[PDB]
Engineer: 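Just dropping this structure here.
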Amino acid sequence: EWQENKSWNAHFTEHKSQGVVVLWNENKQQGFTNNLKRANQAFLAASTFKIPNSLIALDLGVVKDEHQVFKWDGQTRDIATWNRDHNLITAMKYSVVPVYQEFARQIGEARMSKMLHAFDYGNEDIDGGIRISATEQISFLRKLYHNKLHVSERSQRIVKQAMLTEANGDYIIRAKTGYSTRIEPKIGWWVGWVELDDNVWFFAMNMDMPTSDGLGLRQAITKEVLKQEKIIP
Amino acid sequence: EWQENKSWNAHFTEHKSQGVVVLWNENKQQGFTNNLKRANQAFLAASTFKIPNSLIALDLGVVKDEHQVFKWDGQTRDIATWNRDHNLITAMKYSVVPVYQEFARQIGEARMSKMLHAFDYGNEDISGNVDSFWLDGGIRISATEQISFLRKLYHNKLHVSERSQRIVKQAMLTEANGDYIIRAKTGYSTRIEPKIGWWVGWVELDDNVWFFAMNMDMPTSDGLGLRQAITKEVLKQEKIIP
Ligand SMILES: *C(=O)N1C[C@H](NOS(=O)(=O)O)CC[C@H]1C(N)=O
Ligand SMILES: *C(=O)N1C[C@H](NOS(=O)(=O)O)CC[C@H]1C(N)=O
Ligand SMILES: [Cl-]
Ligand SMILES: [Cl-]
Ligand SMILES: [Cl-]
């Protein structure tokens, strides 16, 4: 079922980094990773939690649709793109914590907890202190892709639209980045999938990310693994 | 409201070409074109008809969802990518005429006509073969009418389900990066003169949407890439895309 291909470690050491990439070939129901241990370690979800939070906000009506505006509160924060109005699409694009904090307040602790349980999300059992492994990310995302989660079809299609990250004639990537900072080890996340004409390859990676300047490596290393496996040109 | 910008013709003449680009700025409700007259001239929809066709097929249940497979019928056709199975996503990507001619037959004349009137689509005339009227029948639509139709799709205001509308917009996905998303559909009218090339859709920005529609004289297939290239040259000139 799962195969460990340590040759991928080269793409982490090339950039003097340590981390994991987990791939899942949907057609063949086979998985691949460079590090079976780290594939199954649970790290803090950080921004990748915006995926279940979006779904829950939509299904409960807290977010009416992807065009609804969420006004900046006029408090300047360190990330300039946050200091403006947003809709669901822009808020995911720029990973706008204060907007998603608001969704969570309105959702409330009790319903948030009931729905993450319906989703079987994270390792924890019952980022709001949610730990989740890369392989657990894939399993959650496979449910999203197939519209199997316990929310409406509409909520799931809207979130998949908001995860749109890249598209050309060769592939479509839906995905979400994350950077976990408040507890060592500081790590970057990138989770999602790449759509091809007649297959889907799910992915989930995280990597030690001590500073901040390395954050591009999250996509870059993931793509080197995809190119090595001829999943993308 | 409407403004003519003739400077855009340089992009056509530099390719020895004639055509029109129309742009609609959604926030400001203003339009821009190099040729008001040709913007309002109605042509055969050709493969741009796959948008309304997809919507109707989905709403009527002819297409269950974007994963349903339409097996190739064994008949080897000229375009190699047509000679294989498809779903709605791939069928739109490769503009797979025979899949859509099957849709049209299942839809039938009456429901196709009724729907196009509900859509207020072009001249709403399906006269001819039900599975080719958009290629060599009576249907006619202008660039400004494509935009008007696309804007109704963009706001989920067509008289079909929201779901139908969301699935079709997924299948129109063409390009996406950190700067913009293009949802569009190409066309090439080839059977009835004047031969023209189409490209219609929109550019999603963070805080605005620019709808577009261009057609251009297309004597030969050698120039088909110009549809996108001229449109992007206009978009770059107007600082819509880098
Ligand atoms: C998510 O983990 N966060 C929100 C924001 N950007 O996340 S992303 O670029 O990795 O997608 C900043 C970092 C981080 C946070 N401050 O909690
Ligand atoms: C649509 O106008 N057509 C279908 C097919 N797609 O070419 S496209 O790249 O312009 O969409 C070939 C051209 C044309 C046709 N001959 O039916
Ligand atoms: Cl929104
Ligand atoms: Cl999409
Ligand atoms: Cl429907």
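Order of sequence lines = order of chain letters (A, B, ...). Here chain A follows the PDB entry, giving residues 24-149, 159-265 in order. Since chain B takes its numbers from the PDB entry, the residues it shows come out as 24-265. Just so you know, ligand 1 is whichever comes first in the structure, and atom 1 is the first atom listed for that ligand.
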Engineer: Give the name from UniProt for the chain that makes the most contacts with ligand 2.
Structural biologist: Beta-lactamase OXA-48
Engineer: Hey, what drug is sitting at ligand 2?
Structural biologist: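 It is the drug avibactam (bound form).
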Engineer: Find the other chains whose heavy atoms come closer than 4.0 Å to avibactam (bound form, ligand 2).
Structural biologist: B
Engineer: What residues line the site of avibactam (bound form, ligand 2) at a non-hydrogen cut-off of 4.0 Å?
Structural biologist: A69(B), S70(B), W105(B), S118(B), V120(B), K208(B), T209(B), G210(B), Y211(B), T213(B), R250(B)
Engineer: For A69(B), take its heavy atoms, then give the atoms of avibactam (bound form, ligand 2) lying under 4.0 Å from any of them.
Structural biologist: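 Atoms satisfying the 4.0 Å criterion: 2 (O).
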Engineer: Return the closest protein heavy atom for atom 9 (O) of avibactam (bound form, ligand 2) as residue, atom name and distance.
Structural biologist: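 Result: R250(B) NH2, 3.3 Å.
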Engineer: Would one find an N or O of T213(B), backbone or side chain, under 3.5 Å from an N or O of avibactam (bound form, ligand 2)?
Structural biologist: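 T213(B) vs avibactam (bound form, ligand 2): no N/O contact under 3.5 Å.
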Engineer: Please check whether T209(B) reaches avibactam (bound form, ligand 2) - meaning an N/O of the residue sits under 3.5 Å from an N/O of the ligand, judged on distance alone.
Structural biologist: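 Yes, at least one N or O pair falls under 3.5 Å.
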Engineer: Geometry only, no angles: is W105(B) polar-contacting avibactam (bound form, ligand 2) at N/O separations under 3.5 Å?
Structural biologist: no
Engineer: Please write down residue, atom name and distance for the protein heavy atom closest to atom 14 (C) of avibactam (bound form, ligand 2).
Structural biologist: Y211(B) O, 3.2 Å
Engineer: Which residue atom forms the covalent bond reported for avibactam (bound form, ligand 2), if there is one?
Structural biologist: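 The covalent anchor is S70(B) OG.
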Engineer: Taking only heavy atoms of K208(B) into account, list the atoms of avibactam (bound form, ligand 2) that are under 4.0 Å away from them.
Structural biologist: 11 (O)
Engineer: Quick check: does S70(B) get an N/O under 3.5 Å from an N/O on avibactam (bound form, ligand 2)?
Structural biologist: yes
Engineer: Which UniProt beta-lactam-site residues in chain B are within 4.0 Å of avibactam (bound form, ligand 2) on a heavy-atom basis?
Structural biologist: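 Of the UniProt binders, a heavy atom is that close in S70(B), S118(B), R250(B).
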Engineer: What are the identity and heavy-atom distance (to 1 Å) of the UniProt active-site residue in chain B nearest to avibactam (bound form, ligand 2)?
Structural biologist: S70(B), 1 Å
Engineer: Identify, for atom 17 (O) of avibactam (bound form, ligand 2), the protein heavy atom at the shortest distance, and state residue, atom and that distance.
Structural biologist: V120(B) CG2, 3.5 Å
